[PDB]
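Count residues from 1 along the sequence. Ligands are counted one by one from 1 in listed order, and the atoms in each one are counted from 1 as well. All values below come from the heavy atoms of this structure, side chains included, with hydrogens, waters and symmetry mates left out.
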Amino acid sequence: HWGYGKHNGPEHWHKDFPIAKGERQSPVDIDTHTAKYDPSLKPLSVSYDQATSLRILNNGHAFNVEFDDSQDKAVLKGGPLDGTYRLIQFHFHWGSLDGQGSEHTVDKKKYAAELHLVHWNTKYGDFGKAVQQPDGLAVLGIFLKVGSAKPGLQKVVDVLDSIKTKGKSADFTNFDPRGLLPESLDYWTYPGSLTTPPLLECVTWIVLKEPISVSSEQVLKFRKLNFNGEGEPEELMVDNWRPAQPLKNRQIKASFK
Ligand SMILES: NS(=O)(=O)c1nnc(NS(=O)(=O)c2ccccc2)s1
Ligand SMILES: [Zn+2]
């Protein structure tokens, strides 16, 4: 099965998922001097006041926090988007060391981790249909740097011991993702793909300029998770990030100058 090890990592994915060598794969390095300011881009509208989290799951390559998306509770609109996108899950990618872990990079700089808030376009009726469309998903990406603790993250950090191995899940209600956002919503955007198999090219990426800071202790707890199932030999869940892919015939646009 695919994963992040030496024998089944990103460099091998293309044998089972040939779209890995596609025209708009992600992630990609954001060159801040060649990104184009676009004054036509609108501010992001993040409406998370009615979000309903349900549970947290270790899926063997990350942990997902899942939300109820049966109704327009937590939605993303505006920015480069047309239409309403519903939040369905968030997850992180992180490194074994503080100098790596993010998927996108900024002028080749890597961050300690990257938060992905995944949303789908409600005009396609369900998530499975949305992932088959070029504008079906919108993922909000937020960088994490190591510094002062993020109070909003601690609820997540404290439950990780309950889902240490693959396939474990726990109830995770009344979590407010607003506590994970930076102060500013300035962003870069480009058309891209999921960064894990099946690597579908259905994503409008929105990457926030301002990182959030988390403490060393907080990220350390991430690194104690396991890729393996219970009873299996222990493999720590670290470096679950895909390297930057070529930009090809794409333009990254900036919401700010
Ligand atoms: N890193 S990333 O692109 O946001 C994603 N990686 N895995 C994801 N999972 S997911 O959206 O629930 C998903 C699950 C099944 C098929 C397509 C997408 S999103
Ligand atoms: Zn992701």
Item to check | Name in UniProt of chain in most contact with ligand 1 | outcome: Carbonic anhydrase 2
Checklist entry - Name of the drug or drug candidate at ligand 1? => result benzolamide
Checklist entry - What is the residue list for the binding site of benzolamide, using non-hydrogen contacts under 4.0 Å? => result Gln89, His91, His93, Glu103, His116, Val118, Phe127, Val139, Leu194, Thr195, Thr196, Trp205
Item to check | Neighbouring ligands and ions of benzolamide, cut-off 4.0 Å | outcome: ligand 2 (zinc ion)
Next on the checklist: Curious here: most residues of chain A touching benzolamide, which UniProt domain are they in?
Outcome noted: Alpha-carbonic anhydrase
Item to check | Under 4.0 Å to a heavy atom of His93 - the qualifying atoms of benzolamide, by number | outcome: 1 (N)
Next on the checklist: Students should be able to answer this: which protein heavy-atom is nearest to atom 5 (C) of benzolamide, and at what distance?
Outcome noted: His91 CE1, 3.8 Å
Item to check | Under 4.0 Å to a heavy atom of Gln89 - the qualifying atoms of benzolamide, by number | outcome: 8 (C), 9 (N), 10 (S), 11 (O), 12 (O)
Checklist entry - Which residues that UniProt lists as binding substrate in chain A have a heavy atom under 4.0 Å from benzolamide? => result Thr195, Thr196
Checklist entry - Where is the nearest protein heavy atom to atom 15 (C) of benzolamide: which residue, which atom, and how far? => result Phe127 CE2, 4.3 Å
Item to check | Per-atom contacts, benzolamide versus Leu194 - under 4.0 Å to a heavy atom | outcome: 3 (O), 17 (C), 18 (C), 19 (S)
Next on the checklist: Quick check, please: with a 4.0 Å heavy-atom cut-off, which UniProt Zn(2+)-binding residues in chain A are near benzolamide?
Outcome noted: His91, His93, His116
Checklist entry - Numbering the atoms of benzolamide from 1, which are under 4.0 Å from a heavy atom of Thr196? => result 6 (N), 7 (N)
Checklist entry - For chain A, which organism does the PDB list? => result Homo sapiens
Next on the checklist: Would you find the UniProt active-site residue of chain A that's nearest to benzolamide and tell me the heavy-atom distance to 1 Å?
Outcome noted: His61, 5 Å
Item to check | Atom indices of benzolamide within 4.0 angstrom of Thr195 heavy atoms, with elements | outcome: 1 (N), 2 (S), 3 (O)
